[PDB]
Structures are given as C-alpha cells and as structure tokens.
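Drug bound: aminocaproic acid. Macromolecule: Angiostatin.
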Amino acid sequence: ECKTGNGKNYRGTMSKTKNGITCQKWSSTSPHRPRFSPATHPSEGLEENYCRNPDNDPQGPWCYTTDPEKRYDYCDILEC
Ligand SMILES: NCCCCCC(=O)O
C-alpha cells in the first residue's frame, strides 16, 4: 500500500515486483532458498509472498521471485 522511509514497517500486500513478476512465499524454498524468513526473522512480517524490507535495504521492500533467474527484486509501494 503506502510505505514510509525504507518501508521497514510496511505491512501492505503487494505481491509482485516492480517488474510485474510474482513473488515467492517466504515460507518457501523453491525455486530459491530464502536467507530471510519467518523461522529466522520472526518479527519482520514475512507473510505469504508479500513485499518486505527485512534488512532495511535503502531501495525498499523486496521479495524472492518465482523466476529461477531473478532471486530477488524490489517492489513499488507508494509513499504514504
Ligand atoms: N537487500 C535485498 C536482497 C537481500 C538478498 C536476499 C537473500 O539471499 O537472503
């Protein structure tokens, strides 16, 4: 939805990257094994396949992708 700062606290439901590719579920290990996930990062709200900023990357909320050749990509939430 709307994001503030780096979207650290973003809890919106975008599920596709800025490029229109659908995100992979954090709880999943295919096509990509996540290094960030609910088991390991309990407080980051890594729900489903939603865009999240677990590492606070300055480019914003991102997600693992369903493209075996694109491990992760940033999504476009609008600035609150
Ligand atoms: N800064 C976003 C990308 C982090 C890489 C993702 C990972 O391999 O856990």
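Nothing fancy with the numbering, it's 1 onward along the sequence. Just so you know, ligand 1 is whichever comes first in the structure, and atom 1 is the first atom listed for that ligand. Hydrogens, waters and symmetry mates are skipped; everything else that's a heavy atom, side chains included, is used.
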Just need the protein heavy atom nearest to atom 9 (O) of aminocaproic acid, so name the residue and atom and give the distance.
-> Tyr64 OH, 2.3 Å
Which organism of origin does this entry record for chain A?
-> Homo sapiens
Closest protein heavy atom to atom 5 (C) of aminocaproic acid, given as residue, atom name and distance to 0.1 Å = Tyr72 CD2, 4.2 Å
Most contacts to aminocaproic acid come from which UniProt domain of chain A?
-> Kringle 1
Protein contact to atom 1 (N) of aminocaproic acid [nearest heavy atom, distance to 0.1 Å] = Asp57 OD2, 2.5 Å
What's the shortest distance from atom 4 (C) of aminocaproic acid to any protein heavy atom, and which residue and atom give it?
-> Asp55 OD2, 3.8 Å
Can you tell which part of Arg71 has a heavy atom less than 4.0 Å from aminocaproic acid: side chain, backbone, both or neither?
-> side chain
Pull out every atom of aminocaproic acid sitting under 4.0 Å from any heavy atom of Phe36, numbered as shown with elements.
-> 9 (O)
In terms of residue, atom name and distance, what is the protein heavy atom nearest to atom 8 (O) of aminocaproic acid?
-> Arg35 NH2, 2.4 Å
Which chain positions lie within 4.0 Å of aminocaproic acid by heavy-atom distance?
-> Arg35, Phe36, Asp55, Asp57, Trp62, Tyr64, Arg71, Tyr72
